[PDB]
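Start at 1 with the first residue, then count along the sequence. Note that ligands are numbered from 1 as they come in the structure, with each ligand's atoms numbered from 1 the same way. Computation of the quantities below employed the complete heavy-atom set of this structure, encompassing side-chain atoms and omitting hydrogens, waters and symmetry-equivalent molecules.
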Amino acid sequence: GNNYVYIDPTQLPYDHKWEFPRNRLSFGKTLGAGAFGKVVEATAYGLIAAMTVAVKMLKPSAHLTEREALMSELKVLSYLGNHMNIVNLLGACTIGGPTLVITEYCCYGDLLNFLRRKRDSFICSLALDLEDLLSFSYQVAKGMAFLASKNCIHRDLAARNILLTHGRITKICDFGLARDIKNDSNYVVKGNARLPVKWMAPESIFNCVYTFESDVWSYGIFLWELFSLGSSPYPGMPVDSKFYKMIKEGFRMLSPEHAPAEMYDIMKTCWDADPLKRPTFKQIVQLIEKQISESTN
Ligand SMILES: Cc1ccc(C(=O)Nc2ccc(CN3CCN(C)CC3)c(C(F)(F)F)c2)cc1C#Cc1cnc2cccnn12
């Protein structure tokens, strides 16, 4: 069934129940920006009282193409619904001004910078420790399991696309238009596209197919970011003809030092060249559940 269909976001309904009075939004600092869009912190009144929210709005430079993208984004978040381990949609202002999408604000920011900020404090096996890492590994697989169950393929899963909020709960997100991928070197020109190659499955790279199983490969690379406390993958190794050659041959990363053995076995299986031998996210959630209990006490 689900291997043969996909949701076309332009074919989803937009319910106007999301529409929010744009004069009840007060904008604050920018959290991230791309050419045509940005994500800004904001205050919203009477949305659920004053509350802090995040807003992804189009810049003045933006074209119909980017507006369409943002409207499709709105439709997908509405379609996905609101869940613990995915960024939650709160509202939108799509007329009478810049088109924008309103979500919850995640108070600890994106996971990659957080891990980097916390690397030096790390308590080997408040500060970070192994159960934090396991908890994040679990919550991301769990969120992805839900995405897969809705037949939603992420395509840019990596630590930079995860946010962290209260109680060290992770929220999968996608900055999309509001990231400056031209000046982010994790995105590499490949044809007529800058792509997150070091995170991508071979079949995606060479064949431009993105599947449930290619997201699992990126999750593997994410695991390596996580247990490497925010290190860039394939250190010292530029994307080029040689890098492509080497992934195709079976070259893979060695375990991060802080990864339990079972976590690295998960990474390795995520990285199988045969998409069909990779675990599903449902399976990963199970294995990590067990690890977390074993690692407790
Ligand atoms: C305002 C805002 C609007 C939208 C989104 C957003 O994540 N959009 C999104 C679009 C698509 C998809 C799924 N597709 C992926 C592509 N794929 C090809 C198809 C399926 C998903 C996903 F979560 F489901 F993954 C999310 C995030 C923010 C934020 C924020 C925020 C909150 N706190 C902080 C603190 C610091 C910085 N930012 N920030």
Enquirer: Which is the drug at ligand 1: ponatinib, aprepitant, sarecycline, zoliflodacin?
Expert: ponatinib
Enquirer: Which bound partner of ponatinib (ligand 1) is the main one by contact count, according to UniProt?
Expert: Mast/stem cell growth factor receptor Kit
Enquirer: List the residues that UniProt gives as binding Mg(2+) in chain A and that have a heavy atom under 4.0 Å from ponatinib (ligand 1).
Expert: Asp174
Enquirer: List the residues that UniProt gives as binding ATP in chain A and that have a heavy atom under 4.0 Å from ponatinib (ligand 1).
Expert: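 Short answer: the UniProt residues with a heavy atom that close are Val39, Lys56, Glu104, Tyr105, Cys106, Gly109.
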Enquirer: Distance under 4.0 Å to a non-hydrogen atom of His154: what atoms of ponatinib (ligand 1) satisfy this?
Expert: 15 (C), 16 (C), 17 (N), 18 (C), 25 (F)
Enquirer: Is it the side chain, the backbone, both or neither of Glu104 that has a heavy atom closer than 4.0 Å to ponatinib (ligand 1)?
Expert: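 Under 4.0 Å from ponatinib (ligand 1), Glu104 contributes backbone atoms alone.
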Enquirer: Could you tell me whether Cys106 approaches ponatinib (ligand 1) through its side chain, its backbone, both or neither, with non-hydrogen atoms closer than 4.0 Å?
Expert: both
Enquirer: Hey, which atoms in ponatinib (ligand 1) end up nearer than 4.0 Å to a heavy atom of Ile153?
Expert: 17 (N), 18 (C), 19 (C), 20 (C)
Enquirer: Determine whether the side chain, the backbone, both or neither of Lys56 has a heavy atom under 4.0 Å from any heavy atom of ponatinib (ligand 1).
Expert: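 Looking at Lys56 and ponatinib (ligand 1), atoms from backbone and side chain both fall under 4.0 Å.
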Enquirer: Mind telling me the UniProt active-site residue of chain A nearest ponatinib (ligand 1), with the non-hydrogen distance to 1 Å?
Expert: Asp156, 6 Å
Enquirer: What part of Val55, side chain from CB on, backbone N/CA/C/O, both or neither, has a heavy atom under 4.0 Å from ponatinib (ligand 1)?
Expert: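 Only the backbone of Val55 comes within reach of ponatinib (ligand 1).
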Enquirer: Which atoms of ponatinib (ligand 1) are found less than 4.0 Å from any heavy atom of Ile172?
Expert: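 Every atom of ponatinib (ligand 1) under 4.0 Å from some heavy atom of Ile172: 23 (F), 25 (F).
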Enquirer: Name the UniProt domain of chain A that holds most residues touching ponatinib (ligand 1).
Expert: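 Those residues lie mostly in UniProt domain Protein kinase.
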Enquirer: Which residues lie closer than 4.0 Å to ponatinib (ligand 1) by heavy-atom distance?
Expert: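 By heavy-atom distance, that gives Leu31, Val39, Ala54, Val55, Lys56, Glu73, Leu77, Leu80, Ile86, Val87, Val101, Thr103, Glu104, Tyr105, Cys106, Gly109, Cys152, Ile153, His154, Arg155, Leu163, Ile172, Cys173, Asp174, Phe175.
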Enquirer: Between the protein and ponatinib (ligand 1), are there any N or O atom pairs that come within less than 3.5 Å of each other, and if so, what are their names and distances?
Expert:
residue: ponatinib (ligand 1); atom: 7 (O); partner: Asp174; partner atom: N; Å: 2.9
residue: ponatinib (ligand 1); atom: 7 (O); partner: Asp174; partner atom: O; Å: 3.4
residue: ponatinib (ligand 1); atom: 8 (N); partner: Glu73; partner atom: OE2; Å: 2.7
residue: ponatinib (ligand 1); atom: 8 (N); partner: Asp174; partner atom: O; Å: 3.3
residue: ponatinib (ligand 1); atom: 17 (N); partner: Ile153; partner atom: O; Å: 3.0
residue: ponatinib (ligand 1); atom: 17 (N); partner: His154; partner atom: O; Å: 3.0
residue: ponatinib (ligand 1); atom: 33 (N); partner: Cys106; partner atom: N; Å: 2.7

